[PDB]
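Here we have a structure that includes triclosan.
Numbers restart at 1 for each chain; the letters A, B, ... are given by sequence-line order, proteins then strands. Atoms within each ligand, like the ligands themselves, are counted from 1 in listed order.
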Amino acid sequence: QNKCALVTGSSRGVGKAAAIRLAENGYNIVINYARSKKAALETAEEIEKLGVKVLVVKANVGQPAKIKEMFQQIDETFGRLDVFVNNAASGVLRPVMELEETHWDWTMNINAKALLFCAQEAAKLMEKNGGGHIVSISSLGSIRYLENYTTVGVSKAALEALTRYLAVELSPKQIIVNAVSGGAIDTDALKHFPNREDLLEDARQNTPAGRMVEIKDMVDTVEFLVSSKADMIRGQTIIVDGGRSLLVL
Amino acid sequence: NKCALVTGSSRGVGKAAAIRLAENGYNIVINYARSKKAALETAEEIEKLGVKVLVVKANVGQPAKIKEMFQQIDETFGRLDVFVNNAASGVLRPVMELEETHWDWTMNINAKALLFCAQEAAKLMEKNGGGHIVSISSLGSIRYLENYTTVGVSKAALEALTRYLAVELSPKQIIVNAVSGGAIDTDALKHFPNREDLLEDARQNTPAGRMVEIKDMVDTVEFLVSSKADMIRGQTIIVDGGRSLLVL
Amino acid sequence: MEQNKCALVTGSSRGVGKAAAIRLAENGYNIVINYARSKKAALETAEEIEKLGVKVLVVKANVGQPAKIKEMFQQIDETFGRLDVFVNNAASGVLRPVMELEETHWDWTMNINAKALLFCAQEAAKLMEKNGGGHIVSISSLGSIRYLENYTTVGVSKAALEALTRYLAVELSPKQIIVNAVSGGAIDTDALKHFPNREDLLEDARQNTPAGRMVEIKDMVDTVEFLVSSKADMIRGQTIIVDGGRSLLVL
Amino acid sequence: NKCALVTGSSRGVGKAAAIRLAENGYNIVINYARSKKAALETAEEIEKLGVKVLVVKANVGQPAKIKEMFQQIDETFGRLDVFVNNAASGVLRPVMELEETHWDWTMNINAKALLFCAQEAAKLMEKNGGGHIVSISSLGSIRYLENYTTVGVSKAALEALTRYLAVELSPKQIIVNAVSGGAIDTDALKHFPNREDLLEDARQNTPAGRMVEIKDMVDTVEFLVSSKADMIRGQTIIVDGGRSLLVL
Ligand SMILES: NC(=O)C1=CN([C@@H]2O[C@H](COP(=O)(O)OP(=O)(O)OC[C@H]3O[C@@H](n4cnc5c(N)ncnc54)[C@H](OP(=O)(O)O)[C@@H]3O)[C@@H](O)[C@H]2O)C=CC1
Ligand SMILES: NC(=O)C1=CN([C@@H]2O[C@H](COP(=O)(O)OP(=O)(O)OC[C@H]3O[C@@H](n4cnc5c(N)ncnc54)[C@H](OP(=O)(O)O)[C@@H]3O)[C@@H](O)[C@H]2O)C=CC1
Ligand SMILES: NC(=O)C1=CN([C@@H]2O[C@H](COP(=O)(O)OP(=O)(O)OC[C@H]3O[C@@H](n4cnc5c(N)ncnc54)[C@H](OP(=O)(O)O)[C@@H]3O)[C@@H](O)[C@H]2O)C=CC1
Ligand SMILES: NC(=O)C1=CN([C@@H]2O[C@H](COP(=O)(O)OP(=O)(O)OC[C@H]3O[C@@H](n4cnc5c(N)ncnc54)[C@H](OP(=O)(O)O)[C@@H]3O)[C@@H](O)[C@H]2O)C=CC1
Ligand SMILES: Oc1cc(Cl)ccc1Oc1ccc(Cl)cc1Cl
Ligand SMILES: Oc1cc(Cl)ccc1Oc1ccc(Cl)cc1Cl
Ligand SMILES: Oc1cc(Cl)ccc1Oc1ccc(Cl)cc1Cl
Ligand SMILES: Oc1cc(Cl)ccc1Oc1ccc(Cl)cc1Cl
């Protein structure tokens with residue numbers, strides 16, 4: 001058969017566009033979501049027009065038992081997996097002094113713990129045909145301060161560190177692991193930020209490139225990192241931000 | 001007089017940090033999870049230096065135990081000036097063998113602890129116009145150490161939390177940083193199946209020509225809480241004899 | 001002015017630069033080959049590229065001299081009338097212990113490895129404006145940010161090269177010029193013969209790279225090709241490390 | 001009595017560092033290129049602290065003048081324990097306006113100088129048990145500062161040379177590191193056509209709620225030469241009030 005790709009959180013936004021790009025390149029697709037079922041089924045219908053097979057799996061990736069159920073479905077339906085894009089994220093955006101334990105656990109479980117358990121199940125499927133590629137999506141708040149972003153920034157720093165440990169430990173399985181970090185993108189996720197207009201204004205005005213990052217720019221780097229043209233890039237996080245992080249003022 | 005808490009100060013780096021702060025006149029809170037005998041021995045040594053000591057058993061992996069410990073500090077000393085986040089644990093095995101409990105145990109003790117300890121520290125620090133927070137990290141936050149995934153991932157989280165705390169606690173005049181060490185010959189190395197490899201690497205490959213010692217880590221902590229480092233914020237200072245520079 | 005896009009690669013008579021130029025030619029770019037002394041190698045290279053059905057200009061220019069750079073870009077404007085891609089690849093160096101370094105060793109290395117990018121980028125930007133933009137990619141190594149034995153002159157020059165990459169990436173952005181770099185681990189090429197510890201570098205790369213093999217010229221060229229492709233237009237002032245995971249390790 | 005050299009110590013950070021070391025008991029070598037009166041005033045101030053001072057005119061962009069200066073230090077004091085590479089100059093212009101003379105000027109003074117000065121320092125230090133070398137850098141080494149290309153590129157070269165020197169001088173018992181600052185309101189800042197924007201950005205956006213002062217740079221230099229920083233090697237410590245953490 002043909003190669004298969006899973007993209008977590010692919011009902012909308014970056015994940016959806018990544019799943020479509022992989023489908024355009026001949027991959028069968030696993031679409032994943034937590035609650036936005038209608039958008040997930042609509043994405044699946046769009047992608048099936050390309051002549052690939054699509055499996056839609058509801059699985060909150062913050063719960064390893066749901067991860068394991070999802071991968072059992074992938075194994076039953078396709079019997080293989082070749083590309084895995086860890087893209088889903090959630091979070092609680094408030095000042096650090098107001099954070100509660102549930103806010104930390106929710107965010108860390110979905111955004112960083114997910115990669116460890118998805119990577120384990122992905123590797124077991126990838127070993128069947130000789131390897132594969134894993135790419136995670138991160139942001140500038142892993143290494144810099146974004147206002148109100150503590151829970152998510154800390155999870156993304158864990159995610160990038162996990163990307164390094166997996167990149168070393170899964171190399172014997174011929175699995176290539178890396179991450180792509182973005183500057184701000186005008187998706188539904190920005191609506192979580194009470195300072196949404198400030199972020200957009202800053203991206204529009206202060207990005208050296210002269211425009212904001214778009215979903216296509218993140219997808220283009222994902223595509224490269226799964227393409228076989230990037231097999232000796234390992235454990236790296238590539239920053240796609242139009243040059244915004246280079247500045248001071 | 002000012003008061004300092006060091007989590008995990010029954011032995012190793014934390015014990016030495018607490019002793020150094022006592023030598024500097026700070027009253028001390030010693031904290032442990034199970035090593036009570038060692039914690040009381042440490043408290044006895046520190047009272048010889050002429051400061052007061054409070055010993056608190058509190059597993060920092062549990063926010064409720066954290067809150068209890070800072071309630072005792074408020075009742076005993078009524079203030080806090082220095083907080084060193086030093087306690088760590090972990091499960092050291094290959095990534096494919098890790099289970100959810102191994103992740104939760106490690107992330108709760110090593111990284112979640114700083115969040116809840118920092119919130120409680122800040123509440124006490126702002127009573128007297130501020131304070132300093134320093135956390136202890138290692139080269140595995142940014143590089144690969146064998147079987148160290150749970151711990152390395154938690155130290156990367158801790159350094160990122162250090163950056164977020166350093167910005168958001170600045171209005172309270174609290175100065176927050178971290179110190180990352182190369183390998184040190186403490187009881188922690190007993191957790192590693194490759195202990196002898198780590199020591200031999202540190203001995204032979206460190207440019208300085210010797211291993212990092214506890215004293216080197218404490219020297220940087222002492223600098224970071226001294227008032228001479230108040231415009232260093234959110235930084236992780238690497239103390240490794242130059243080991244991480246090499247790319248053999 | 002040429003109808004098809006045109007690319008310059010400095011130091012393209014052999015090694016990574018030669019391979020990058022052949023790759024760009026395979027993708028339809030007309031090519032400027034550049035060398036300082038290896039004229040025969042540069043001419044054989046151009047002959048292989050002409051068989052791909054693109055035009056090739058061969059220019060001798062020591063890129064450690066800004067005057068020779070200006071002459072080179074004057075030849076490119078005269079022959080092709082445009083430049084769309086510029087890959088700053090040439091390097092030289094003096095490999096010895098830091099205590100044995102003399103001023104001439106520093107000047108030679110900095111001039112060819114780092115100063116070259118500034119003046120080549122200025123001249124490239126002037127040509128790139130004829131068609132509204134372009135891409136500049138420089139080649140660096142792990143010695144920019146780490147210690148590599150005997151590599152002080154070159155490592156310091158590559159750190160300068162990577163900082164110049166960031167400054168150019170910001171300041172050339174209004175001209176729609178995208179500037180980045182690619183940093184490699186060790187590759188079995190003619191350049192390893194410059195190292196008195198060549199065997200130790202090879203043993204290390206072969207034994208300690210997580211990928212289980214050494215970087216090859218092809219892996220460098222694959223990244224170059226991506227960074228000039230239009231798929232990387234919002235990557236700016238970054239250095240992408242291509243080392244099989246080697247730099248991740250400690251022990 | 002140990003001896004310390006600080007390049008460019010007629011005014012600004014270099015002057016304050018020389019004063020601080022003199023307060024700590026070091027004999028001092030003051031260095032300048034053109035500000036003779038200022039250098040002489042500085043020496044007079046320092047002589048009042050009870051230490052010996054040597055004033056040496058040497059343009060550090062010229063390795064022959066560097067060699068001459070260290071011969072004078074050897075003859076006068078017979079030793080050197082601390083060397084602070086602080087002198088800098090530059091040409092602040094957009095990248096398209098830069099000429100080869102602007103590059104050579106800036107690179108010779110800011111980066112070439114550390115190589116040759118560290119070579120001569122090491123020959124003196126290794127004769128007497130070793131020493132410390134600290135260079136001063138800025139955020140422009142790793143970030144973009146407007147018009148700062150020549151200086152930012154030279155400072156990236158300086159931080160790389162700091163790494164290479166840290167490794168290769170370790171067998172001589174010489175500890176080499178760097179300190180990178182945010183903006184400071186010194187005479188150097190008047191070379192910037194956007195000085196007012198740098199000052200406003202530093203005052204408004206630094207999380208600490210104030211600008212870095214000369215004293216904060218000096219405090220870190222003092223640490224990095226002190227014995228308490230002997231296992232910090234080839235690191236650049238950022239002193240910027242947390243400014244570099246932000247995006248916006
Ligand atoms: N937008 C931006 O500016 C930037 C985004 N990022 C990263 O890009 C990635 C995608 O974000 P973006 O596309 O903007 O966000 P969107 O809100 O558009 O999409 C998020 C996707 O994640 C899914 N998801 C959320 N939680 C879970 C969960 N527990 N389990 C399974 N799926 C889940 C959502 O599905 P559902 O509705 O069912 O929850 C949705 O499909 C994230 O990792 C984000 O951190 C990085 C840099 C910048
Ligand atoms: N040793 C090394 O090579 C290096 C260590 N580090 C870091 O240094 C720090 C100290 O390690 P080190 O001194 O070597 O180790 P030690 O084993 O000597 O000391 C660990 C201390 O932490 C305490 N501790 C462990 N878990 C908890 C918990 N849940 N709650 C409260 N206290 C706890 C221990 O007490 P108890 O016995 O009661 O559990 C002990 O007092 C750690 O953060 C480690 O990550 C960093 C780099 C290198
Ligand atoms: N080989 C490796 O392990 C690695 C190499 N790199 C980098 O890759 C790049 C290419 O190296 P590599 O292909 O291995 O080296 P090679 O020796 O194979 O080729 C070097 C090329 O540079 C040219 N060159 C040297 N000096 C000048 C000059 N002054 N003016 C114009 N051309 C000049 C040479 O031509 P001529 O003979 O006429 O002088 C030759 O064409 C360099 O930037 C290097 O730092 C990076 C990481 C690893
Ligand atoms: N001010 C700031 O915001 C920041 C400064 N820095 C760094 O701090 C260091 C000191 O700068 P700062 O104190 O602000 O500047 P000042 O202008 O106050 O002092 C500069 C000193 O350098 C000397 N100097 C300049 N060129 C030479 C030369 N060729 N040979 C010998 N001495 C020379 C000057 O003496 P003379 O008059 O005789 O030439 C003078 O004593 C520099 O490395 C700078 O890059 C870093 C971050 C921020
Ligand atoms: O990580 C991100 C970073 C930025 Cl700058 C913008 C959006 C991002 O993505 C998220 C942020 C918060 C939540 Cl609740 C969910 C998502 Cl997807
Ligand atoms: O973090 C560390 C890094 C290193 Cl190189 C050596 C020891 C370390 O500390 C620990 C490692 C594992 C566990 Cl279980 C507990 C501790 Cl205190
Ligand atoms: O930069 C490099 C880094 C490595 Cl690991 C290997 C080779 C390199 O390339 C050079 C090294 C020295 C000189 Cl003189 C010339 C060149 Cl092309
Ligand atoms: O390096 C610096 C960085 C900053 Cl933010 C401010 C001043 C600096 O120092 C200089 C900058 C330019 C010149 Cl001509 C001379 C010097 Cl001393």
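Taking every copy into account, the model assigns triclosan to ligands 5, 6, 7 and 8. Of the chains in this structure, the chief binding partner of triclosan (ligand 8) is, as UniProt puts it, Enoyl-[acyl-carrier-protein] reductase [NADPH] FabL.
Other chains with a heavy atom closer than 4.0 Å to triclosan (ligand 8): D. Residues with a heavy atom within 4.0 Å of triclosan (ligand 8): D:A88, D:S89, D:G90, D:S138, D:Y148, D:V151, D:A188, D:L189, D:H191, D:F192.
The closest approach between triclosan (ligand 8) and any UniProt active-site residue of chain D, by heavy atoms to 1 Å, is D:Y148, 2 Å. Atom 12 (C) of triclosan (ligand 8) has D:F192 CE1, 4.0 Å as its closest protein atom, hydrogens excluded (heavy atom only).
Between D:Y148 and triclosan (ligand 8), an N or O atom pair is found at a separation short of 3.5 Å.
Of the protein's non-hydrogen atoms, the one nearest atom 17 (Cl) of triclosan (ligand 8) is D:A188 CB, 3.5 Å. Looking only at protein heavy atoms, the nearest one to atom 13 (C) of triclosan (ligand 8) is D:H191 CD2, 3.7 Å. Triclosan (ligand 8) places these atoms under 4.0 Å from at least one heavy atom of D:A88: 15 (C), 17 (Cl).
At the shortest separation from atom 14 (Cl) of triclosan (ligand 8) among protein heavy atoms lies D:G90 N, 3.2 Å.
Per the PDB, the organism of origin for chain D is Bacillus subtilis.
Counting the atoms of triclosan (ligand 8) from 1 in the order shown, those under 4.0 Å from a heavy atom of D:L189 are 6 (C).
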Contact table triclosan (ligand 8) N or O to protein N or O, d under 3.5 Å:
{"from": "triclosan (ligand 8)", "atom 1": "1 (O)", "to": "D:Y148", "atom 2": "OH", "distance (Å)": "2.5"}

